[PDB]
Amino acid sequence: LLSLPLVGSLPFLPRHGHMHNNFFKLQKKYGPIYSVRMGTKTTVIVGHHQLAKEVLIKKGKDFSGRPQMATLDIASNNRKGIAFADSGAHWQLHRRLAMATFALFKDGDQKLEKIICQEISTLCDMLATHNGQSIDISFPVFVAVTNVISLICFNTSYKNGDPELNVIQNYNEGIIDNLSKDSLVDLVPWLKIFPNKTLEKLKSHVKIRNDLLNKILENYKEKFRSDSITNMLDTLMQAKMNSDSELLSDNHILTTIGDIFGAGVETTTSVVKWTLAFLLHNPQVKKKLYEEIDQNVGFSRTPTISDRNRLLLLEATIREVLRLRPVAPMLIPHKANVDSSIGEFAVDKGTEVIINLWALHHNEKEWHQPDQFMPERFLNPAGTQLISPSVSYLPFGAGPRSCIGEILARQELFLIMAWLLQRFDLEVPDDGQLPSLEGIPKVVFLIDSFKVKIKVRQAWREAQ
Ligand code: HEM
Ligand SMILES: C[C@]12CC[C@H](O)CC1=CC[C@@H]1[C@@H]2CC[C@]2(C)C(c3cccnc3)=CC[C@@H]12
């Protein structure tokens, strides 16, 4: 007898399990580096911190490109902005500008901390009215960080109950929904194979986004002045003026701002939401954080960046969430700019390269009990200093494409968690429903919405 002719082979079921996991699973069989073919396209998947550090750092510029996806083409207005922009003059300029923007927030009245704290203050005030009730805290958090990013981008914020916030939250939900089904690593190009409305759907969420950004950018051309660089939009216009003409067109500026707005809001919200979930499943850790927040900060004042030097277990909890649930479990896809190599294997010009960050954060030789939420992994055995327990760890990636929002995100997470932990007891709702920790892989790695019982703290009031 005979083997049947094979016309197609995939090593696991599509739309079965999370893909970053299925890829990790195959490491057992094939090693930490291997490739897949779909039509003309080859894709490399990397699942070890050494070979990843080759792609991200050592050969940074070689692998700093982005592949082209019909779905990203829409989200990025034909490859503009930073995130889904390919390497080139376009990317490099807009990346450096945005970065330069961030320094305009290093010291003074527009200290990043002061902008962050104002909003956490509104945010804690709103949340306080719900004393005794179980709420989904998604929207209150989305609001506070929508504000921080808005101030940083434009020097504007939204008053309470402005409907624009609701309009944003909507096309954000609908873009994240139609950007991919599961991860950005779509394996089989299902949307070229059968009739469907997903590009149609995606276009018209992005239309409404682009329309809101167009209003603000034409309504700002007349407020703009050379002697006043205080936000990101200024920085961009300060560049268009001096000069790079092809590079800073209207579309190009809109899209960069659109990336930062998107990225500022959805990543931090998601992580806050994860952190709260892990905290609800871990009442032993939760208790110690209240005890640590009392011993070190008490109730004479609200928490402060300078507190990162003493709220160590809080910073370890955040570190551990960013490990167990990476925001980007497979980063964003890379691409080979020139012919090159990983681990001394050939990788040709144009090949998609994916770092399975999830594998690195779960490597069993690198972590002692990787499947466990254990903020202790990030402390010395006593409890008094933060440690880097493995090199297989890159929540913010690294190299030419590393996260630019990293200082922003770090401070937003630490300050949100600290104000929250000071003022509020956060408990399971009366119906003992805990959130699912499984997650929902999309551009960002999300958690199903859930509810938290929020109460005002006995110790917080017993001091007013
Ligand atoms: C916990 C929150 C965050 C995490 C864990 C995180 C992590 C990451 C990772 C892993 C990447 C991709 C690295 C790669 O593609 O190889 C990335 C890229 C990026 N992030 Fe974040 N990030 C966070 C928050 C933010 C924030 C607050 C912003 C905006 C202020 C932001 C803006 C960006 C942008 C614009 C890129 C694209 C970089 C490029 O293509 O050159 N991120 N981030
Ligand atoms: C789709 C979305 C989120 C929904 C918005 O409507 C549009 C948008 C634009 C830029 C994207 C963002 C999600 C987060 C992205 C993908 C991001 C990012 C992703 C992960 C970590 N850090 C940053 C850089 C650009 C960001």
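Since chain A takes its numbers from the PDB entry, the residues it shows come out as 31-273, 283-503. Only heavy atoms go into these numbers, but all of them, side chains included; no hydrogens, no water, no symmetry mates. Each ligand, and each atom within it, is numbered from 1 in the order the structure gives.
Considering polythiazide, abiraterone, methylergometrine, the drug or drug candidate at ligand 2 is abiraterone.
This structure shows the largest set of contacts to abiraterone (ligand 2) coming from the chain UniProt labels Steroid 17-alpha-hydroxylase/17,20 lyase. When the options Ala302, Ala367, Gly111 are ranked by their closest heavy atom to atom 14 (C) of abiraterone (ligand 2), first place goes to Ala302. In terms of protein heavy-atom proximity, atom 5 (C) of abiraterone (ligand 2) is closest to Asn202 OD1, 3.4 Å. Nearest to atom 19 (C) of abiraterone (ligand 2) among the protein's heavy atoms is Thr306 CG2, 4.2 Å. The protein heavy-atom contact nearest to atom 8 (C) of abiraterone (ligand 2) is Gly301 CA, 4.1 Å. When hydrogens are left out, the protein atom nearest atom 1 (C) of abiraterone (ligand 2) is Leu209 CD2, 3.7 Å; that is the closest non-hydrogen contact. The part of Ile205 lying near abiraterone (ligand 2) is the side chain, judged by heavy-atom distances below 4.0 Å.
At least one heavy atom of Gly297 sits less than 4.0 Å from an atom of abiraterone (ligand 2). Considering backbone and side-chain N/O of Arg239, none are found under 3.5 Å from N/O of abiraterone (ligand 2). With a 4.0 Å cut-off on non-hydrogen atoms, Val304 does not touch abiraterone (ligand 2) at all. Of all protein heavy atoms, the one lying nearest to atom 10 (C) of abiraterone (ligand 2) is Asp298 OD1, 3.3 Å. In this structure, atom 25 (C) of abiraterone (ligand 2) lies nearest to the protein heavy atom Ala113 CB, 3.5 Å.
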